J.: 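Just downloaded a structure that has tolrestat in it.
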Amino acid sequence: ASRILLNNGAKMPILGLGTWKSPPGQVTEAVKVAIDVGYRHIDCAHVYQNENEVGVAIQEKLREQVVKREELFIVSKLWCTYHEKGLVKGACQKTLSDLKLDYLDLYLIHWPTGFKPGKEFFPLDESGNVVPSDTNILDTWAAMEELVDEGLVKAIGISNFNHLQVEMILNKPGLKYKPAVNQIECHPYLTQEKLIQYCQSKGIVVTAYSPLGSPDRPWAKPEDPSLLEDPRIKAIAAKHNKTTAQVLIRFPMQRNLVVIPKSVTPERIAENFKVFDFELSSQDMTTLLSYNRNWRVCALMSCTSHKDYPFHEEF
Ligand SMILES: NC(=O)c1ccc[n+]([C@@H]2O[C@H](COP(=O)([O-])OP(=O)(O)OC[C@H]3O[C@@H](n4cnc5c(N)ncnc54)[C@H](OP(=O)(O)O)[C@@H]3O)[C@@H](O)[C@H]2O)c1
Ligand SMILES: COc1ccc2c(C(=S)N(C)CC(=O)O)cccc2c1C(F)(F)F
């Protein structure tokens with residue numbers, strides 16, 4: 001079952017390619033290979049600084065008649081320094097021009113935290129705390145709604161919103177469109193049962209990021225657990241004659257989640273897609289869930305400071 005029905009009436013492929021930390025010199029090839037082997041969903045963001053190169057790949061495959069625009073599902077995200085209502089369209093418009101698209105299938109508020117606007121993506125004070133902006137997320141939501149009504153994006157959603165924050169959008173006075181997606185970190189060490197159950201109960205689809213535990217994250221520490229090297233997970237892989245990565249991708253799929261593993265390695269790209277020919281047992285699923293430890297790749301300690309920091313609450 002390759003696509004899930006969103007509350008805007010559209011269908012979203014449950015496997016997409018992530019692009020965070022995909023180097024600009026390699027990500028054009030990575031996205032071309034991904035399209036060639038089956039992927040139809042690419043997860044992007046202005047802050048990754050590689051959307052132009054992603055867009056070159058998309059356009060080449062459109063031009064080559066490999067894929068049709070309607071069959072692709074291209075996602076990007078509104079960076080934190082653009083939460084002011086006056087900046088949202090332009091932020092979107094940049095992303096469209098870079099990806100060489102005239103609409104996005106899905107546009108997310110990347111983080112609940114607005115940052116001070118300017119050329120800096122990560123503005124810090126003379127002590128290093130992130131400098132917030134005085135933007136209310138409801139007002140940012142209203143600006144996202146306008147994008148739908150302008151034809152620039154087919155669906156809007158959120159990312160890294162905790163339960164109170166999703167609830168805040170859903171109770172927005174005058175809410176016109178419900179979020180379609182909440183994109184959050186999720187893997188056997190951070191299983192998110194409460195937030196996921198809450199979102200699904202509201203008709204919001206959850207996308208799972210860092211499903212392999214982001215071994216290329218720049219802040220990796222030796223003492224950090226490692227999904228890909230966890231002997232318990234390797235064993236489950238071995239019982240199904242798949243790799244560990246394949247188990248880690250199949251796992252959210254069986255929880256009715258969308259999942260976006262990143263790779264710029266052609267063999268891994270292809271491997272990561274071969275996840276529709278096997279099923280984890282109920283016991284496997286329960287077992288993988290038992291590994292939870294509230295471990296986050298994206299803990300973002302410099303943001304703990306911010307009003308809307310989403311991870312003070314477990315969910
Ligand atoms: N919205 C948010 O706040 C947010 C935050 C973080 C991430 N995300 C999205 O989620 C995507 C995925 O998360 P991530 O990039 O943090 O990490 P990830 O997908 O968990 O892991 C990426 C790492 O795993 C490696 N890898 C890929 N396939 C592998 C395989 N089959 N075997 C062994 N290693 C493999 C990649 O190496 P190579 O590339 O060298 O092959 C890379 O080092 C991102 O790229 C981004 O699109 C969203
Ligand atoms: C909301 O705060 C964020 C959000 C994202 C980041 C990232 C990024 S771009 N990611 C974790 C990837 C992603 O957000 O998709 C890198 C470094 C600091 C960040 C911070 C930080 F505040 F720590 F600066």
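Starting from 1, each residue takes its place in the sequence as its number. Computation of the quantities below employed the complete heavy-atom set of this structure, encompassing side-chain atoms and omitting hydrogens, waters and symmetry-equivalent molecules. Atoms within a ligand are numbered from 1 in the order they appear, just like the ligands themselves. So how was this one determined? The header says X-ray crystallography, 1.5 Å.
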J.: Provide the full list of ligands or chains for tolrestat.
T.: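 For tolrestat, that's ligand 2.
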J.: Identify the main binding partner of tolrestat (ligand 2) here and report its name as listed in UniProt.
T.: Aldo-keto reductase family 1 member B1
J.: Give the residue, atom name and distance (to 0.1 Å) of the protein heavy atom nearest atom 14 (O) of tolrestat (ligand 2).
T.: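 Its nearest protein heavy-atom neighbour is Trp111 NE1, 2.9 Å.
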J.: Which of the UniProt-flagged active-site residues in chain A is closest to tolrestat (ligand 2), and what is the least heavy-atom distance at 1 Å precision?
T.: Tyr48, 3 Å
J.: Give the residues of chain A annotated by UniProt as substrate-binding that have any non-hydrogen atom less than 4.0 Å from tolrestat (ligand 2).
T.: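 Of the UniProt substrate binders, heavy-atom contact within 4.0 Å holds for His110.
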J.: Consider every N or O of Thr113 and every N or O of tolrestat (ligand 2), then say whether any pair is closer than 3.5 Å.
T.: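 Checking tolrestat (ligand 2) against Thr113, no N or O pair falls under 3.5 Å apart.
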J.: UniProt NADP(+)-binding residues in chain A with a heavy atom under 4.0 Å from tolrestat (ligand 2)?
T.: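 UniProt annotation plus heavy-atom distance gives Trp219.
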J.: Record the residue and atom bearing a covalent link to tolrestat (ligand 2).
T.: none
J.: Looking at this entry, which organism is chain A from?
T.: Homo sapiens
J.: Return a yes/no value for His110: is any of its N or O atoms, backbone included, closer than 3.5 angstrom to an N or O of tolrestat (ligand 2)?
T.: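 Yes; the residue has a nitrogen or oxygen that sits under 3.5 Å from a nitrogen or oxygen of the ligand.
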J.: How close does the nearest protein non-hydrogen atom get to atom 7 (C) of tolrestat (ligand 2), and which residue and atom is it?
T.: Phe122 CE2, 4.0 Å
J.: How is the binding site of tolrestat (ligand 2) composed, by chain and residue number, at heavy atoms under 4.0 Å?
T.: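 Using heavy atoms under 4.0 Å, it comprises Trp20, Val47, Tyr48, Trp79, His110, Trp111, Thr113, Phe115, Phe122, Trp219, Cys298, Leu300, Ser302, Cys303.
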